[PDB]
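Read the structure below first, then the notes.
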Amino acid sequence: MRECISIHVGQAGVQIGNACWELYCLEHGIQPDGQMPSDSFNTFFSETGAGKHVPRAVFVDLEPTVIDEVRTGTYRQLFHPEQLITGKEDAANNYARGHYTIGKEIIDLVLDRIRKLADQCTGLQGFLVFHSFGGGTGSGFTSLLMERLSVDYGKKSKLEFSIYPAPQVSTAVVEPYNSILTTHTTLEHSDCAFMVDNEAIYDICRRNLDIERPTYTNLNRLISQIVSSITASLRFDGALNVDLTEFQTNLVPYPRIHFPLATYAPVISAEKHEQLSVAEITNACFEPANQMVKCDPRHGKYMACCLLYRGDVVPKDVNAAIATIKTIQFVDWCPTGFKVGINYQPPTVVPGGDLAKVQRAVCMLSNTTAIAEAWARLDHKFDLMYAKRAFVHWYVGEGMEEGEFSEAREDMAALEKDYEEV
Amino acid sequence: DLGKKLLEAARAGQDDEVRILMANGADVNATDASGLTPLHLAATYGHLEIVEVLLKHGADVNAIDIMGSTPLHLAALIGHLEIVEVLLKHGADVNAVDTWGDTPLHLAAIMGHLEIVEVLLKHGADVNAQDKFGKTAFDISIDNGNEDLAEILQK
Amino acid sequence: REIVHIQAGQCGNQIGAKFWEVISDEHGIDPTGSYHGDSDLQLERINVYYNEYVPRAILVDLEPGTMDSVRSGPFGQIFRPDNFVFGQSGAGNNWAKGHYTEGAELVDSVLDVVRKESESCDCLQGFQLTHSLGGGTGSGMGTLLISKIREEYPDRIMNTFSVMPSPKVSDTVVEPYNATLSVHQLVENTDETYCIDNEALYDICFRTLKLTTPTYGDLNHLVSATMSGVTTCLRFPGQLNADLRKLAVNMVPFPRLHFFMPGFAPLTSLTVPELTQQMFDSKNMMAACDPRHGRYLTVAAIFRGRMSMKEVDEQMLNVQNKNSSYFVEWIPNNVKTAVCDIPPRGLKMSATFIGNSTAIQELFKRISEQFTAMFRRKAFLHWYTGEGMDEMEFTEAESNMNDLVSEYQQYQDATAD
Ligand SMILES: Nc1nc2c(ncn2[C@@H]2O[C@H](COP(=O)(O)OP(=O)(O)OP(=O)(O)O)[C@@H](O)[C@H]2O)c(=O)[nH]1
Ligand SMILES: COc1cc2c(c(OC)c1OC)-c1ccc(OC)c(=O)cc1[C@@H](NC(C)=O)CC2
Ligand SMILES: Nc1nc2c(ncn2[C@@H]2O[C@H](COP(=O)(O)OP(=O)(O)O)[C@@H](O)[C@H]2O)c(=O)[nH]1
Ligand SMILES: [Mg+2]
């Protein structure tokens, strides 16, 4: 019985967290008031005397607009007030403000609220941290929180769900700066980070769900489907990835390059049909059009690969589909395997959402060198602006030093070379 | 000196003080430190009555100060229409050029005194006069994006 | 969240009062301060400009007659009595009277009203100031106000709607002196300044709208429509969650380059592609600068009304791709769009443009050439030095404004390489 604590930071993290916790409730049969009429799901939910199932989560933002939605939504009764933390003024898309000035006024309150959740744990495994790379809070306050969590909870694991910026999904000009600065400062405090590319999620909603112009609800509902498949192993009985520690083991051979790529199939509109075989949904995982990050894995090598099946999946059918796949290259001295996992619970969808309820789905988690393409794009945008020192005064005006922009960028240059050496 | 008092009178608009000072033999073409005469001052501050009395009693209409500024340059710059008309009728040099290369038309044009620009043009102002930087009032009209001025200079 | 509004001088109180009138109709507030709207969206971000409903507005002037002008207006009885701070006699278009003498005696009594309104905010976002740069009070006293507010609230945002002089609307030869002495103050003490140019407003009214003799009411109709447009995202919920500070961080790449060129479409006294191209047209700009004579550092485009979000996306990409040369290539994705569902009064579709272009130098070069023409002949300099002001403040000011022009041209010819 090993507990997991989820920390949702900034707009993106809170909004995706709302989509997640709604979907966990549908998967575990928990009601919007926390009652459950029926261990596994207790890793994510504590119980009250009254029989309420309270998410083991903390929602944080420097301004209250987003969290106020949670305080009056479908799950208003699901979270106790003390789990929802807000300031009165945000980081204004400035990492320095979220990390050094405004963020320091609330970090202590946040740590007390986490220490209250942790004292209710018999075997805390670690934390799941959700945030944008681009926001001032998502970037600055999260990196401050990751530093402090390494000190106060040094032997515990930290996984991240990070939103990579995309021009199609309302990005700010300075998001390339915030992204690089948070990556640099979190690179040694996080154990594994799953990047979600808003351009990827946006093209899937357009292509596979026929949505003309997706909004954050459409993008988040799809994102939460992928997040739930990744976390399913921790909330149900399972063979593969049953604890936070096993994610590093299975997906992260080399500690710095800890950014696995997630692919999910089938993504089918509720409108659209017959049912897809295990062979077909597996093949979809290798199609680049189904990835959470825009990059070509055929122009790269694999260091690890996990396939997580959900639903009416016979094991023999998987072994045949994996056999077909070997007949895609691997890194030199790494093993050339696939770890498979099957949860026979059918995949769940939000009633009346955009996704169709299917009989079988798969989530493939791969750690591939092709993800470096995503870092190359970010670094290029950083270089163009930094050469002219555009927008830098906003950062140095909020307690930051210019040398920190250089260290951060060097760290990314060194991370780009790590992928090229491997 | 009586010239120092006359200068202050012309600046201050005291019609009667001016007349009394001249009656006692005040230098109508007196100058201050900058080389300004009572007529320049009178022309700068819109004192048309004093401009008339001075022109009747030997005021050099085309006098210049240390920078080559004539009364007409100043009346055009500040935009005293009747004063521009009186100076012209009394022999003011429409195309006088100061140390910056500026004619009274350049100044009327820069400050946007469009009625004065018309009056100077009708009294033979040279539209082809270039300043130290090679700019004519037509060029200034392009640089400043002023179509109202451009139209006045096309005739 | 909350913005404190300060209106200074005759221009500042006139454009100021038309702003309150326009936004009060959008938020459904009648002249008594009572709500009468049909949508929840109108009341969600009412805290930003209104106190519980009364404008969070401060009314300053050295001329006592503008009090009577303000109260006379349609919404004149809505403003708080304690917020009116008035003197015995105006500044007579003398920036030195406004900045150093009559205005500096009254300036402390204004800061006590600011301090009162500011101490009542849940979390003060910043200050909004309306004024002209050509006069004496709005320009001279207003810049002094800005200076003292910035020393008391250095962490808050200071934003201005500054109306630039033009001989076409006021042929007062001392206004370039007053505008230059103020632009020097605005470069050091504002985060964001919307440059509303009376030359542009006159050329639109005269040539496009064909009003033979435009009045301040015709000019102010465009200032009010612009003011409503740029403040839209501060006043209504939409897909964007942002304040004055996020606007500043993404609109201002270098500290001194915070002078914005606003534009509006359509011009009054329509489809999405027709609205988009108009927004990048020189005839729709509120500053008399050709945007094709420079390059854009940053652009923000607020669209208002019911319309296809996809059509707004593709048309905005269609501009950038067609006109790659007008956008600096060293600031990636430097054109941001916001679509707000509530349209303005009497229209179903509006677009508001906020540009940070290097062509703004044209507006400053116009003011400098005029300043220079007068400063060379030392015209009326005594009016200023007689009010306890140093002659070298005229040279500080010119020098600083000329530096600003150099920066703009530096970044206009800078390549990505
Ligand atoms: N997928 C997704 N992306 C979002 C969402 N909200 C914001 N984003 C992205 O996150 C980035 C903006 O960061 P925000 O989370 O809004 O900022 P923040 O963390 O609140 O920090 P502040 O700067 O203090 O407001 C952009 O890339 C947005 O596209 C959301 O709910 N879902
Ligand atoms: C409160 O009002 C606004 C606030 C902001 C922006 C904006 O323009 C749409 C506003 O409307 C005028 C904004 C501006 C420009 C940007 O880049 C050019 C940017 O990065 C980003 C933005 C805004 N963010 C987004 C995703 O639009 C945040 C700051
Ligand atoms: N557009 C506009 N300009 C105005 C208005 N009132 C004054 N101005 C301009 O402002 C300048 C004079 O400033 P003013 O406010 O009257 O002086 P103050 O009262 O001391 O600040 C001139 O350039 C006028 O054209 C107005 O209501 N609208
Ligand atoms: Mg936010």
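The alphabet sets the chain names here, A first, running in the order the sequence lines are given. Residues displayed in chain A correspond, in order, to the PDB entry positions 1-38, 47-280, 283-337, 341-435. All residue numbers given for chain B refer to the PDB entry; the residues shown span 13-167 in order. Using the numbering of the PDB entry, the residues shown for chain C are 2-42, 45-55, 61-277, 286-360, 369-441, in order. When a ligand or atom number is given, it counts from 1 through the structure's own listing order.
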Looking at ligand 2, what drug do we find there? colchicine
Just trying to sort out this structure - which chain has the greatest number of contacts to colchicine (ligand 2), name per the PDB entry? Tubulin beta-2B chain
Chains under 4.0 Å from colchicine (ligand 2) (heavy-atom): A, C
In the entry's source annotation, what organism is given for chain C? Bos taurus
Could you see which bit of C/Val315 sits under 4.0 Å from colchicine (ligand 2), with heavy atoms only: side chain, backbone, both or neither? backbone
For colchicine (ligand 2), which atoms have a heavy atom of C/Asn350 less than 4.0 angstrom away? 18 (C)
What name does the entry use when describing chain A? Tubulin alpha-1B chain
Starting from atom 8 (O) of colchicine (ligand 2), locate the nearest protein heavy atom and write down its residue, its atom name and how far away it is, to 0.1 Å. C/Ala316 CB, 3.3 Å
With only distance considered, is A/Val181 within less than 3.5 Å of colchicine (ligand 2) through an N or O on each side? yes
Considering only heavy atoms of C/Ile318, which atoms of colchicine (ligand 2) have at least one such atom less than 4.0 Å away? 11 (O), 12 (C)
Closest protein heavy atom to atom 2 (O) of colchicine (ligand 2), given as residue, atom name and distance to 0.1 Å: C/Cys241 CB, 3.5 Å
What atoms of colchicine (ligand 2) come closer than 4.0 angstrom to any heavy atom of C/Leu242? 1 (C)
Heavy atom of the protein closest to atom 26 (C) of colchicine (ligand 2) (residue, atom name, distance): A/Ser178 O, 3.6 Å
OK, so UniProt lists some Mg(2+)-binding residues in chain C. Which of them have a heavy atom under 4.0 Å from colchicine (ligand 2)? none
Could you find the nearest protein heavy atom to atom 15 (C) of colchicine (ligand 2) and give me its residue, atom name and distance? C/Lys352 CB, 3.6 Å
Region of C/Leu248 that comes within reach of colchicine (ligand 2) [heavy atoms, distance under 4.0 Å]: side chain
Side chain or backbone of C/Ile378 under 4.0 Å from colchicine (ligand 2), or both, or neither, by non-hydrogen atoms? side chain
Hey, quick one: which of the residues UniProt lists as binding GTP in chain C get a heavy atom under 4.0 Å from colchicine (ligand 2)? none
How close does the nearest protein non-hydrogen atom get to atom 4 (C) of colchicine (ligand 2), and which residue and atom is it? C/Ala250 CB, 3.6 Å
Enumerate the atoms of colchicine (ligand 2) whose separation from the nearest heavy atom of A/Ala180 is less than 4.0 angstrom. 20 (O)
Could you tell me whether some N/O pair between C/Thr353 and colchicine (ligand 2) is separated by less than 3.5 angstrom? no
In terms of atom number and element, which parts of colchicine (ligand 2) are under 4.0 angstrom from non-hydrogen atoms of C/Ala354? 9 (C)
Colchicine (ligand 2): binding-site residues, heavy-atom cut-off 4.0 Å: A/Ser178, A/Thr179, A/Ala180, A/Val181, C/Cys241, C/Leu242, C/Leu248, C/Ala250, C/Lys254, C/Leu255, C/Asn258, C/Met259, C/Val315, C/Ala316, C/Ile318, C/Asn350, C/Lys352, C/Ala354, C/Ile378
Between colchicine (ligand 2) and the protein, find all N/O pairs closer than 3.5 Å and give the distance for each.
residue, atom, partner, partner atom, Å
colchicine (ligand 2), 20 (O), A/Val181, N, 2.9
colchicine (ligand 2), 20 (O), C/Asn258, OD1, 3.2

